[PDB]
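Among the contents of this structure: estradiol.
Below, chain A is the first sequence line, B the second, and so on; all start at residue 1. Recorded method is X-ray crystallography, 2.3 Å. No hydrogens, no waters, no symmetry mates; every other heavy atom, side chains included, goes into these values. First listed ligand is number 1; within each ligand, the first listed atom is number 1.
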Amino acid sequence: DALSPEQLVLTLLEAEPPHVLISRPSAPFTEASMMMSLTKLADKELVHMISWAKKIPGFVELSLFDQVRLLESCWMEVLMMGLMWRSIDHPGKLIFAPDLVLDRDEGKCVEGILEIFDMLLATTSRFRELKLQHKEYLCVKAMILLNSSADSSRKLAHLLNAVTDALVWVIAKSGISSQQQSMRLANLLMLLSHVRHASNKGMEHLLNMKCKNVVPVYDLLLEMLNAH
Amino acid sequence: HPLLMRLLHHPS
Ligand SMILES: C[C@]12CC[C@@H]3c4ccc(O)cc4CC[C@H]3[C@@H]1CC[C@@H]2O
């Protein structure tokens with residue numbers, strides 16, 4: 001009952017992290033200060049991601065080992081899924097935060113990032129084309145966490161099954177034909193390969209920026225990144 | 001994973 005589709009969607013809705021309010025530097029963006037802004041933001045969002053995950057019914061009931069490895073495995077992709085949702089109604093732009101809004105061309109100042117921006121924007125545009133709904137977004141983001149990477153594996157599979165059931169239920173609220181609900185479901189899930197692809201490139205790029213000492217990273221971002 | 005384990009066990 002705590003996991004009926006409607007109750008689960010409502011819990012995910014209430015579980016949403018708050019808007020991480022960060023601003024642009026007064027100065028124009030350099031390679032260093034853009035990366036500092038983006039990594040500072042990501043670390044702050046990493047703090048809130050853990051709190052968000054703890055509010056998904058049954059997540060804290062999972063083995064501590066599973067809770068760690070799932071968050072370790074999915075965090076970049078979840079971060080990117082959040083970014084695309086925030087940016088869905090704003091073509092050509094990436095709404096990293098409400099006061100941190102970057103145009104596509106501004107990625108030119110950081111080496112290698114522009115290609116990733118294009119992946120993010122291109123994937124966001126497909127989600128806009130499909131008219132991704134907020135409640136579809138909530139289920140999908142939770143599915144990224146839970147499908148990433150004894151009694152805990154059963155609890156995990158069951159918890160993943162419930163969020164999937166919730167997405168099917170949200171889609172069924174539209175009242176389109178059973179054919180079209182299936183097509184919509186496939187279209188949404190197939191886009192996650194592109195988000196995953198973007199997250200792997202983003203991880204690689206961030207690792208390179210850290211080793212080359214373009215930016216220092218701290219706290220939770222550093223730890224997640226040292227872990228791989 | 002010290003910070004991740006803290007934030008998984010400590011509420012804030
Ligand atoms: C990981 C990077 C810094 C942090 C960026 C971020 C920061 C916050 C966020 O919500 C999403 C993203 C996606 C793009 C990320 C970047 C892609 C390459 C760069 O190294």
Find the chain in most contact with estradiol (ligand 1) and give its name from UniProt. Estrogen receptor beta
Write down the other chains that contact estradiol (ligand 1) with heavy atoms under 4.0 Å. A
Near A:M35, which atoms of estradiol (ligand 1) are under 4.0 Å from a heavy atom of that residue? 20 (O)
Show me which atoms of estradiol (ligand 1) lie under 4.0 Å from any heavy atom of A:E45. 8 (C), 9 (C), 10 (O)
Under a 4.0 Å heavy-atom limit, does A:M76 contact estradiol (ligand 1) with its side chain, its backbone, both, or neither? side chain
The one among A:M49, A:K201, A:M80 that brings a heavy atom closest to atom 13 (C) of estradiol (ligand 1): A:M80
I keep wondering which UniProt domain of chain A most residues near estradiol (ligand 1) fall into. Any thoughts? NR LBD
Ignoring hydrogens, just give me the one of A:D43, A:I113, A:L83, A:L206 whose non-hydrogen atom is nearest atom 16 (C) of estradiol (ligand 1). A:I113
Would you please determine whether A:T39 falls within less than 4.0 Å of estradiol (ligand 1) on a heavy-atom basis? no
Run the numbers for me: atoms of estradiol (ligand 1), each under 4.0 Å from some heavy atom of A:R86, listed by number. 10 (O)
Give, by chain and number, all residues and nucleotides of other chains with a heavy atom within 4.0 Å of estradiol (ligand 1). A:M35, A:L38, A:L41, A:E45, A:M76, A:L79, A:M80, A:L83, A:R86, A:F96, A:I116, A:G202, A:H205, A:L206
